[PDB]
Amino acid sequence: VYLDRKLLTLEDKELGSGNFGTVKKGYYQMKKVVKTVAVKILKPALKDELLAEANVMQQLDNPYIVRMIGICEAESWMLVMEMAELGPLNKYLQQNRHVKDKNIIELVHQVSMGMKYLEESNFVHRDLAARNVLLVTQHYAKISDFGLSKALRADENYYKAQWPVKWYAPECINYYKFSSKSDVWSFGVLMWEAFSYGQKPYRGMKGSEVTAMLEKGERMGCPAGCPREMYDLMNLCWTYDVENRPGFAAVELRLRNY
Ligand SMILES: Nc1cncc(-c2cn3ccnc3c(Nc3ccc(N4CCN(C5COC5)CC4)cc3)n2)n1
């Protein structure tokens, strides 16, 4: 899974950044054709964290998950992935307010299929948000940013940590337990973000203020122009009790029929 640095050419402009360091556009010389790529370039536990991210991506093979090309150890550690040219979903929608709601449903349904696969694979994403959905085209979305993801043990359906608070279900905040159902709650917030054309959720509120609101049974309101069925699904994703909240099979199934 180890790439040749001479076969990788990086562009100076940067696509994004994270605690890991920077993301740059590049080109990798494949078997004959050259492939456009996005490269995460490492800036102390980050190397192990980047390698863990690569380990998850190596195991995943689904049309709605960003594909990794490989890793390269050169001037810095690099995670080379196929390029999703149109970038993060939230920024795209902030700049393209005329996408049809039908178009949004198609994109959020694609996200549920990638997440259904991840759930079937017993991986939890733990960072599912509109900023981590990338557009290949306006009609093809892929899930990215597996830096926090975990492979669940064969005998448990959750990972217990020893944070993007606004995307986390109550059981994550209160008990530190992350499951596919926790990702479902995030998917509900992601849906809200998508239908709000990339506005931030719980605008102007502290994480502790968000937690108090949810405990009161309050939820974000319906974004302007959002179809009732999609708001209803969001509310179902925001079911307080992990046991009664739907899984991705149920979410994906509802989205497919709609
Ligand atoms: N963890 C992070 C943090 N940041 C980025 C990424 C990231 C990861 N990936 C994996 C595959 N593909 C991508 C990708 N792709 C991308 C494509 C286009 C843009 N945009 C840059 C700004 N641009 C304006 C400046 O000129 C117009 C709009 C398009 C950004 C990212 N990004 N991962």
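Chain A uses the PDB entry numbers throughout; the residues present, in order, are 363-405, 411-529, 534-629. Just follow the structure's listing: the first ligand is 1, and inside any ligand the first atom is 1. Method on record in the header is X-ray crystallography, 2.0 Å.
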**Study point:** Partner of ligand 1 with greatest heavy-atom contacts, name from UniProt
**Key:** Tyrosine-protein kinase SYK
Exercise for review: Write down the drug at ligand 1.
Suggested key: GS-9876
Exercise for review: Using heavy atoms only, determine which UniProt active-site residue in chain A is nearest to GS-9876 (ligand 1) and give the distance to 1 Å.
Suggested key: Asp494, 8 Å
Review point. Do any non-hydrogen protein atoms sit less than 4.0 Å from atom 20 (N) of GS-9876 (ligand 1)?
Key: no
Exercise for review: Would you kindly specify which portion of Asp512 sits under 4.0 Å from GS-9876 (ligand 1), judged on non-hydrogen atoms: side chain, backbone, both or neither?
Suggested key: side chain
Check your understanding: Which bit of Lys509 is near GS-9876 (ligand 1), meaning a heavy atom under 4.0 Å away: side chain, backbone, both or neither?
Key -> neither
**Study point:** Any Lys375 heavy atom less than 4.0 Å to GS-9876 (ligand 1)
**Key:** yes
Check your understanding: Can you tell me which residue and heavy atom of the protein come closest to atom 18 (C) of GS-9876 (ligand 1), and the distance to 0.1 Å?
Key -> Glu452 O, 3.3 Å
Review point. Heavy-atom distance from atom 16 (C) of GS-9876 (ligand 1) to the protein below 4.0 Å?
Key: yes
Point to revise | Under-4.0 Å heavy-atom contact with GS-9876 (ligand 1), by part of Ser511 that carries it | key: neither
Check your understanding: Can you tell which part of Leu377 has a heavy atom less than 4.0 Å from GS-9876 (ligand 1): side chain, backbone, both or neither?
Key -> both
Practice item. Name the UniProt ATP-binding residues of chain A with a heavy atom closer than 4.0 Å to GS-9876 (ligand 1). Key: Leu377, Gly378, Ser379, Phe382, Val385, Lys402
Practice item. Would you please determine whether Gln462 falls within less than 4.0 Å of GS-9876 (ligand 1) on a heavy-atom basis? Key: no
Review point. Would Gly514 count as a contact of GS-9876 (ligand 1) if the rule is a heavy atom under 4.0 Å away?
Key: no
Review point. Counting only heavy atoms, which portion of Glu449 has something under 4.0 Å from GS-9876 (ligand 1): side chain, backbone, both, or neither?
Key: backbone
Point to revise | chain A: main UniProt domain in contact with GS-9876 (ligand 1) | key: Protein kinase
Exercise for review: Between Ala451 and GS-9876 (ligand 1), find which residue part has any heavy-atom pair under 4.0 Å and reply side chain, backbone, both or neither.
Suggested key: both
**Study point:** Is_contact(atom 13 (C) of GS-9876 (ligand 1)), protein non-hydrogen, under 4.0 Å
**Key:** yes
Point to revise | Side chain, backbone, both or neither: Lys386 near GS-9876 (ligand 1), heavy atoms under 4.0 Å | key: neither
Review point. Would you say atom 31 (C) of GS-9876 (ligand 1) has a protein heavy atom nearer than 4.0 Å?
Key: yes
Check your understanding: How is the binding site of GS-9876 (ligand 1) composed, by chain and residue number, at heavy atoms under 4.0 Å?
Key -> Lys375, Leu377, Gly378, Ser379, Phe382, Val385, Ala400, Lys402, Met448, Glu449, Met450, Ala451, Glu452, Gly454, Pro455, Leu501, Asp512
